[PDB]
J.: 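Pulling up roflumilast bound to 3',5'-cyclic-AMP phosphodiesterase 4D for a closer look.
Numbering of residues begins at 1 and proceeds along the displayed sequence. Counting convention: from 1, in listed order, for ligands and their atoms alike. Header lists the method as X-ray crystallography, 2.5 Å.
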Amino acid sequence: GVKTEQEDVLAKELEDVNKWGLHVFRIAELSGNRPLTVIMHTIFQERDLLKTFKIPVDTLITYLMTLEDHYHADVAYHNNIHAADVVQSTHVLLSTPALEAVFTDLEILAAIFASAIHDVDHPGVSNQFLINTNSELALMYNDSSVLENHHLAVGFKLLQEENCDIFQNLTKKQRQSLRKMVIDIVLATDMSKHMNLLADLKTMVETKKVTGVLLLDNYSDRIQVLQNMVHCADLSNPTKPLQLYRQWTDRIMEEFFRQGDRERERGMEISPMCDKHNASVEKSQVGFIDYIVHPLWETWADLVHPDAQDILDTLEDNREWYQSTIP
Ligand SMILES: O=C(Nc1c(Cl)cncc1Cl)c1ccc(OC(F)F)c(OCC2CC2)c1
Ligand SMILES: [Mg+2]
Ligand SMILES: [Zn+2]
């Protein structure tokens, strides 16, 4: 009936579940490579989601382990650690003061569930790669948001495995709403949707409205914020403590170079940033931050001002670090 010493240390690390910069890689080691399962379980208990939606605990664990098992261990970035990270980051974003009591339980569930499934069964190669190779996935999804469409399909499909339907007790109305929201969120993680998403986020900041919390009248405005929330979580690596950010950069570059190597092998053109022979890891991170991450997080910071200042400060500090690294 006693915890193991490894479990106790895990439980201790998990006390930082509400904090930006949780040691997510340590949780991966301590949990025996089950970071997604343990972080989801904590978050669900913390937010009382098991009682609210009447999810049996064993069904939730079974679904979680199954979901985690369909992230590929041999993929350096897009794996169960990334998933766990986006879930936990989204969880922190949800608790921001400017969003207190804004979202319903079902919406919270949609944002967390969508974060958990958002890259499931990622093969470690891009949409374009899949399209240019005439992959089956590209054929099934008509070359449109191939991976993201696949992530959703697998995420819902896994509910049908043995004792895995964690939404068995929701009404049809609840399930239809959950589903639509989760599809909207995950399909918005395609980077080809980035500019639209940001444009709409800016439009929302300019027309912003409070009562001392944010006001959101319509589905359109509510889902837009949730889409941007999870997309911010997906692009949150450079806003984390440098120790963590540096590990994420190693891993994304490893994944990119592998795709690059496979692309060279096959005489294909080598996708941006995927040539290990002509890479600028530091320059690219700076470009990434100035053109994508900073404009998004700044706009997010404004929406929730002042709540996101420390996050923005770290992003800016990490940007100077990578800047000073440039040969
Ligand atoms: O693509 C990303 N994310 C991603 C998302 Cl959010 C959605 N869809 C696809 C991808 Cl690859 C992504 C995530 C992390 C990165 O670096 C660091 F933070 F680890 C990174 O660097 C760019 C690289 C060219 C300089 C890119
Ligand atoms: Mg993705
Ligand atoms: Zn992702």
J.: Where do all copies of roflumilast show up in the model?
T.: ligand 1
J.: Give me the residue, atom name and distance of the protein heavy atom closest to atom 24 (C) of roflumilast.
T.: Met273 CG, 3.3 Å
J.: Where is the nearest protein heavy atom to atom 3 (N) of roflumilast: which residue, which atom, and how far?
T.: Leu235 CD2, 4.1 Å
J.: Of the UniProt active-site residues in chain A, which one sits nearest roflumilast, and what is the shortest non-hydrogen distance (1 Å precision)?
T.: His78, 4 Å
J.: Per UniProt domain annotation, where in chain A do most residues contacting roflumilast sit?
T.: PDEase
J.: Please work out, at 4.0 Å between heavy atoms, whether the side chain, the backbone, both, or neither of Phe288 comes within that distance of roflumilast.
T.: side chain
J.: Under 4.0 Å from roflumilast: which other ligands or ions?
T.: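 Under 4.0 Å from roflumilast, the others are ligand 2 (magnesium ion).
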J.: Could you list which atoms of roflumilast come closer than 4.0 Å to a heavy atom of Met191?
T.: 5 (C), 7 (C), 8 (N), 9 (C)
J.: Considering the heavy atoms of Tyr245, write down every atom of roflumilast situated less than 4.0 Å from one of them.
T.: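 The list of qualifying atoms is 17 (C), 18 (F).
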J.: For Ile252, which part has a heavy atom under 4.0 Å from roflumilast: side chain, backbone, both, or neither?
T.: side chain
J.: Ignoring angles and geometry beyond distance, decide whether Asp234 reaches within less than 3.5 Å of roflumilast through its nitrogen or oxygen atoms.
T.: no
J.: Quick check, please: with a 4.0 Å heavy-atom cut-off, which UniProt Mg(2+)-binding residues in chain A are near roflumilast?
T.: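 Among UniProt's Mg(2+) binders, a heavy atom under 4.0 Å is found in none.
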J.: Could you see which bit of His78 sits under 4.0 Å from roflumilast, with heavy atoms only: side chain, backbone, both or neither?
T.: side chain
J.: At less than 4.0 angstrom from any non-hydrogen atom of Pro238, what atoms of roflumilast do you find?
T.: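 Once the distances to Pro238 are compared, the set is 18 (F).
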J.: Which one holds for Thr189 and roflumilast: side chain close, backbone close, both close, or neither close, with close meaning a heavy atom under 4.0 Å?
T.: backbone
J.: Which chain residues come within 4.0 Å of roflumilast, judged by heavy atoms?
T.: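 Counting heavy atoms, it is made of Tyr77, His78, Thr189, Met191, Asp234, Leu235, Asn237, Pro238, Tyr245, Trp248, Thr249, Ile252, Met273, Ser284, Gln285, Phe288.
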